[PDB]
Participant: 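Please see the structure below; I have some questions.
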Amino acid sequence: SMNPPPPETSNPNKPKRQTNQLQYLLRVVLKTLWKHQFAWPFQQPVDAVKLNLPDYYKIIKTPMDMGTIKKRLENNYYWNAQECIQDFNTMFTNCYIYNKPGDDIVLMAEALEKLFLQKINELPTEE
Ligand SMILES: CC[C@@H]1C(=O)N(C)c2cnc(Nc3ccc(C(=O)NC4CCN(C)CC4)cc3OC)nc2N1C1CCCC1
């Protein structure tokens, strides 16, 4: 099957606020995960046509990736930290559902998830 359009990243109709938690998610969390050695498969939507995986979007109906998350943060798409956290978690879950447990792609996601959880534990208080 062909690729779907990527996830929505900007909605001018959707209310916007800057907060220290959202700033942290972009400046610290997204930045640190992006730079990790294992980040590259997670930096853009899965191109299932290029990868010849016609079943990917038959199985994964809520795709997510860090390129999308970066743009969402830049476009003030999220009202709160939890909405952004959900997107990271969706990204990891998709990887765990689609791929055989223990495969290299899964180990990569697991490393990123461990780092993510460390940074979320250090999420600043709303202030
Ligand atoms: C979609 C399934 C899963 C996933 O969950 N995500 C997120 C993913 C995101 N991006 C990729 N990207 C690439 C994966 C492989 C290659 C590549 O070139 N592999 C070579 C093929 C020839 N071989 C001799 C050496 C290795 C390039 C990729 O992007 C340019 N793969 C992903 N995988 C993998 C898909 C194959 C296993 C799992």
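Residue numbering for chain A follows the PDB entry, covering 42-168 in order. Whatever order the structure lists them in is the order used to number ligands and atoms, beginning at 1.
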Participant: Write down the drug found at ligand 1.
Facilitator: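 That would be BI 2536.
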Participant: Which macromolecule does BI 2536 make the most contacts with, named the way UniProt names it?
Facilitator: Bromodomain-containing protein 4
Participant: Identify the binding-site residues of BI 2536 at 4.0 Å, heavy atoms only.
Facilitator: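 At that heavy-atom cut-off, the site is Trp81, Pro82, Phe83, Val87, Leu92, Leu94, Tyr97, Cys136, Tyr139, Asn140, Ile146.
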Participant: Of the protein's non-hydrogen atoms, which lies at the shortest distance from atom 15 (C) of BI 2536, and what is that distance?
Facilitator: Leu92 CD2, 4.2 Å
Participant: Looking only at protein heavy atoms, identify the closest one to atom 35 (C) of BI 2536 and say how far it is in Å.
Facilitator: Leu94 CD1, 4.1 Å
Participant: Looking at atom 21 (C) of BI 2536, tell me if a protein heavy atom falls under 4.0 Å from it.
Facilitator: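 So far as the 4.0 Å threshold goes, atom 21 (C) of BI 2536 is out of reach of every protein heavy atom.
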Participant: Output yes when a protein non-hydrogen atom is found under 4.0 Å of atom 25 (C) of BI 2536, and no otherwise.
Facilitator: no
Participant: How far is atom 9 (C) of BI 2536 from its nearest protein heavy atom, and which residue and atom name does that atom have?
Facilitator: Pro82 O, 3.1 Å
Participant: When you measure from atom 32 (C) of BI 2536 to every protein heavy atom, which one gives the shortest distance, and what is it?
Facilitator: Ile146 CD1, 4.0 Å
Participant: Near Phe83, which atoms of BI 2536 are under 4.0 Å from a heavy atom of that residue?
Facilitator: 7 (C)
Participant: Can you figure out which UniProt domain of chain A lines most of the contact region for BI 2536?
Facilitator: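 Most contacts come from the UniProt domain Bromo 1.
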Participant: Please check if a non-hydrogen protein atom sits closer than 4.0 Å to atom 1 (C) of BI 2536.
Facilitator: yes
Participant: In terms of atom number and element, which parts of BI 2536 are under 4.0 angstrom from non-hydrogen atoms of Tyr139?
Facilitator: 2 (C)
Participant: Would you mind listing which atoms of BI 2536 come within a distance below 4.0 Å of any non-hydrogen atom of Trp81?
Facilitator: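 In order of number, 12 (N), 13 (C), 28 (C), 29 (O).
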Participant: May I ask you to identify the nearest protein heavy atom to atom 5 (O) of BI 2536, giving residue, atom name and distance to one decimal place in Å?
Facilitator: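 Sorting protein heavy atoms by distance from atom 5 (O) of BI 2536 puts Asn140 ND2, 2.9 Å first.
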